[PDB]
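Worksheet: one structure, shown below.
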Amino acid sequence: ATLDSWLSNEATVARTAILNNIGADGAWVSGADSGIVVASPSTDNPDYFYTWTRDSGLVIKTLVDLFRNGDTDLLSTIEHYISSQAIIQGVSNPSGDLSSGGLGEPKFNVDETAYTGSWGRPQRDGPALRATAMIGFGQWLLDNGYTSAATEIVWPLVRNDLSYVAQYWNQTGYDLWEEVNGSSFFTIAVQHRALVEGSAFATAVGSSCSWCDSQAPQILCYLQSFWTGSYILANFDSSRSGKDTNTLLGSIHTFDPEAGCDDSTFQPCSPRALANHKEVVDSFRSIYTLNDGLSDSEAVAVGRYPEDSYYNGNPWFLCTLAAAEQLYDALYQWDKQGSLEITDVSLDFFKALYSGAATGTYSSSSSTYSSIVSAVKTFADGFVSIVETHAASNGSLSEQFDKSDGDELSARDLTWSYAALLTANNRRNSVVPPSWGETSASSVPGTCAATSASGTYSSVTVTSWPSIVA
Ligand SMILES: *[C@@H]1O[C@H](CO)[C@@H](O[C@@H]2O[C@H](CO)[C@@H](O[C@@H]3O[C@H](CO[C@H]4O[C@H](CO)[C@@H](O)[C@H](O[C@H]5O[C@H](CO)[C@@H](O)[C@H](O)[C@@H]5O)[C@@H]4O)[C@@H](O)[C@H](O[C@H]4O[C@H](CO)[C@@H](O)[C@H](O)[C@@H]4O[C@H]4O[C@H](CO)[C@@H](O)[C@H](O)[C@@H]4O[C@H]4O[C@H](CO)[C@@H](O)[C@H](O)[C@@H]4O)[C@@H]3O)[C@H](O)[C@H]2NC(C)=O)[C@H](O)[C@H]1NC(C)=O
Ligand SMILES: *[C@@H]1O[C@H](CO)[C@@H](O[C@@H]2O[C@H](CO)[C@@H](O[C@@H]3O[C@H](CO)[C@@H](O)[C@H](O[C@H]4O[C@H](CO)[C@@H](O)[C@H](O)[C@@H]4O[C@H]4O[C@H](CO)[C@@H](O)[C@H](O)[C@@H]4O)[C@@H]3O)[C@H](O)[C@H]2NC(C)=O)[C@H](O)[C@H]1NC(C)=O
Ligand SMILES: *[C@H]1O[C@H](CO)[C@@H](O)[C@H](O)[C@@H]1O
Ligand SMILES: *[C@H]1O[C@H](CO)[C@@H](O)[C@H](O)[C@@H]1O
Ligand SMILES: *[C@H]1O[C@H](CO)[C@@H](O)[C@H](O)[C@@H]1O
Ligand SMILES: *[C@H]1O[C@H](CO)[C@@H](O)[C@H](O)[C@@H]1O
Ligand SMILES: *[C@H]1O[C@H](CO)[C@@H](O)[C@H](O)[C@@H]1O
Ligand SMILES: *[C@H]1O[C@H](CO)[C@@H](O)[C@H](O)[C@@H]1O
Ligand SMILES: *[C@H]1O[C@H](CO)[C@@H](O)[C@H](O)[C@@H]1O
Ligand SMILES: *[C@H]1O[C@H](CO)[C@@H](O)[C@H](O)[C@@H]1O
Ligand SMILES: *[C@H]1O[C@H](CO)[C@@H](O)[C@H](O)[C@@H]1O
Ligand SMILES: *[C@H]1O[C@H](CO)[C@@H](O)[C@H](O)[C@@H]1O
Ligand SMILES: OC[C@H]1NC[C@H](O)[C@@H](O)[C@@H]1O
Ligand SMILES: OC[C@H]1NC[C@H](O)[C@@H](O)[C@@H]1O
């Protein structure tokens, strides 16, 4: 009504805003090299005028999906990003060089020089998020007959990042929020994913990734430890409750449209992810005044973790959108399957939205199913309205929105906010991402081993891009 139309306008504003934040033509980020994704044009309070491997990887993956669906104009953007990464990989920084840990460096200056001050480094998700983004583009190239571009440019780039993942997964580092030195759900989840699709990608170009194959099952094994019995623990080595939107992100960024409600990979419709969803969201109901008076069956403003004190601890646009996106994803999964199941694990999730919820299997033609799917859609859309209510009048999406009055705060025009909007909207519309092979990578080994595999490192030089026509 308002929502459908706002979303439609907002998607268009988000696509533009992201482009304004990518060099060397990006209107808001003059100074940024070619294919460099800037986190935000805010150069002071806070200073976000840097390129993070995570934000960039997440943003480009989004644009690659848009591109595969017909937004052909994004081609040059993706090519420039690929070329920029050929360079960054080789940049010597506080985390090391290409073959000695450099790949793990969190952020860089927009000019492609290293950031040398103190930072929570390394962040092991980066390499995995970059590989995922590149593999998508690489797949398109193979499908459209640009085999050479896939085999000689993309593959070797990906091969570097996959090698980092297989080698250091089993080592502590910082979480996506760059504050906890330990082992993080999000990181492990995206790492498992990357190796699985990394392996399929290697086979497609006529090469192999033995280190992908030997480590993915072990990463999966370890992931299981994050299930506490009632929710997903955001991090090992933390003194907090462990309720964190990090776990929602892990699920949506590892969603496979071909997967069932698999618990071992924490899919969106899995009992564990649904139980988790309620625990996380509920953790923000009583700490934000903006949430005052809402009931348990209503959407609330979501932040990162309940203990957060960054800018005083406020809801984040991307965290609120992730809460919605997981539901969109589960809805799609249930529809595709033709049923939904309520277990003891997911009962509270369902019961809060539909008081008549009881364990059992509900076929898609059943009354219970209709009742539940409507409640779920309504709830999901409700998080989106919170976003809509606090977005700026011209559509500007900030990092945070005040916990008391909803005014935008922290970094303005955060690229990540814009990407999160794009994906929540796609999912809402049933536009899902290419599958990553989850259906052959959900079997958990009987015994988990604390291990690694060492792959191979080689500097890539992008001398020329074929003249691709989309
Ligand atoms: C919807 O409408 C919105 C409202 O109009 C619109 O947002 C506005 O967009 C303009 C850009 O078109 C923004 O202008 C910038 O303002 C900067 C100063 O901001 C402070 O002061 C403002 C006024 O008092 C505040 O409004 C502003 O608050 C906002 O930002 C806060 C911080 O993130 C946030 O918390 C608030 O909630 C609020 O959102 C903030 O307090 C100003 O610095 C900046 O100037 C730079 O860029 C100009 C060109 O784009 C240059 O001409 C200028 O010389 C400056 O360039 C420097 O910085 C650039 C990066 O931004 C670099 O590209 C340049 O190379 C250069 O950098 C050098 O200097 C740096 C030193 O710190 C250094 O680090 C660099 O390495 C380099 O050496 C610009 O004028 C305006 O802030 C926005 N207003 C608001 C309220 O957000 C929005 O974009 C519209 N959205 C859509 C979707 O259309
Ligand atoms: C490298 O790989 C190996 C192999 O996979 C990893 O080893 C596994 O590590 C996990 C995590 O430590 C470990 O699981 C723990 O088992 C203990 C007993 O067997 C449990 O007591 C412990 O409980 C915590 O987590 C539960 C969820 O699993 C929570 O329900 C519970 O509340 C506990 O959580 C609190 O306490 C922890 C302290 O550990 C704290 O950090 C939390 O934040 C929270 O406050 C775990 O379940 C496996 O048994 C190990 N497996 C093997 C085969 O040895 C290793 O961790 C990897 N290393 C890195 C750095 O990646
Ligand atoms: C995930 O993958 C495993 C095999 O790796 C399947 O057994 C499971 O059903 C799901 O498809
Ligand atoms: C399912 O498959 C995995 C490998 O993907 C095995 O490790 C597991 O033991 C089960 O056979
Ligand atoms: C970690 O352990 C595995 C299996 O136990 C080895 O194959 C690997 O090489 C590393 O030593
Ligand atoms: C990853 O780390 C393991 C340690 O378990 C080594 O055996 C391997 O060679 C690589 O360094
Ligand atoms: C892991 O170890 C192998 C073998 O020593 C190297 O070739 C690789 O670069 C990484 O250091
Ligand atoms: C690891 O393997 C790659 C691919 O064969 C080599 O090019 C690299 O130099 C290292 O030996
Ligand atoms: C390792 O592999 C890269 C990518 O093919 C080469 O550019 C490099 O010379 C080395 O052989
Ligand atoms: C690979 O790494 C070398 C440095 O070893 C760079 O010079 C090259 O541009 C690429 O990044
Ligand atoms: C790409 O190739 C050039 C040589 O053509 C190297 O110097 C660079 O380090 C990377 O291997
Ligand atoms: C230019 O040079 C690079 C590396 O030196 C090649 O891999 C590329 O395909 C082109 O020939
Ligand atoms: O957007 C830049 C940077 N800001 C702070 C966030 O915690 C982190 O995830 C992000 O990469
Ligand atoms: O104030 C700590 C702050 N530092 C830097 C990180 O970007 C952010 O996630 C964290 O909350």
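Following the PDB entry, chain A residues are numbered 1-101, 103-471, in order. Indexing begins at 1, ligand by ligand and atom by atom, following the structure's order. Header lists the method as X-ray crystallography, 2.3 Å. As a basis for the values below, the full set of heavy atoms in this structure was taken, side chains included, without hydrogen atoms, waters or symmetry mates.
Looking at ligand 14, one finds the drug 1-deoxynojirimycin. Most-contacted chain for 1-deoxynojirimycin (ligand 14) in this structure, per UniProt: Glucoamylase I.
By chain and number, the binding site of 1-deoxynojirimycin (ligand 14) at a non-hydrogen cut-off of 4.0 Å is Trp178, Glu179, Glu180, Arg305, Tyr311. If you number the atoms of 1-deoxynojirimycin (ligand 14) from 1 as listed, the ones under 4.0 Å from a heavy atom of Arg305 come out as 8 (C), 9 (O), 11 (O). At the shortest separation from atom 10 (C) of 1-deoxynojirimycin (ligand 14) among protein heavy atoms lies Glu180 OE2, 3.0 Å. Shortest heavy-atom distance from 1-deoxynojirimycin (ligand 14) to a UniProt active-site residue of chain A, with the residue named, rounded to 1 Å: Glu179, 2 Å. Between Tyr311 and 1-deoxynojirimycin (ligand 14), no N or O atom pair is found at a separation short of 3.5 Å. Taking a distance limit of 4.0 Å, we find that atom 4 (N) of 1-deoxynojirimycin (ligand 14) is approached by no protein heavy atom. At least one N/O-N/O distance between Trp178 and 1-deoxynojirimycin (ligand 14) falls below 3.5 Å.
In terms of protein heavy atoms, atom 7 (O) of 1-deoxynojirimycin (ligand 14) is closest to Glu179 OE1, 2.5 Å.
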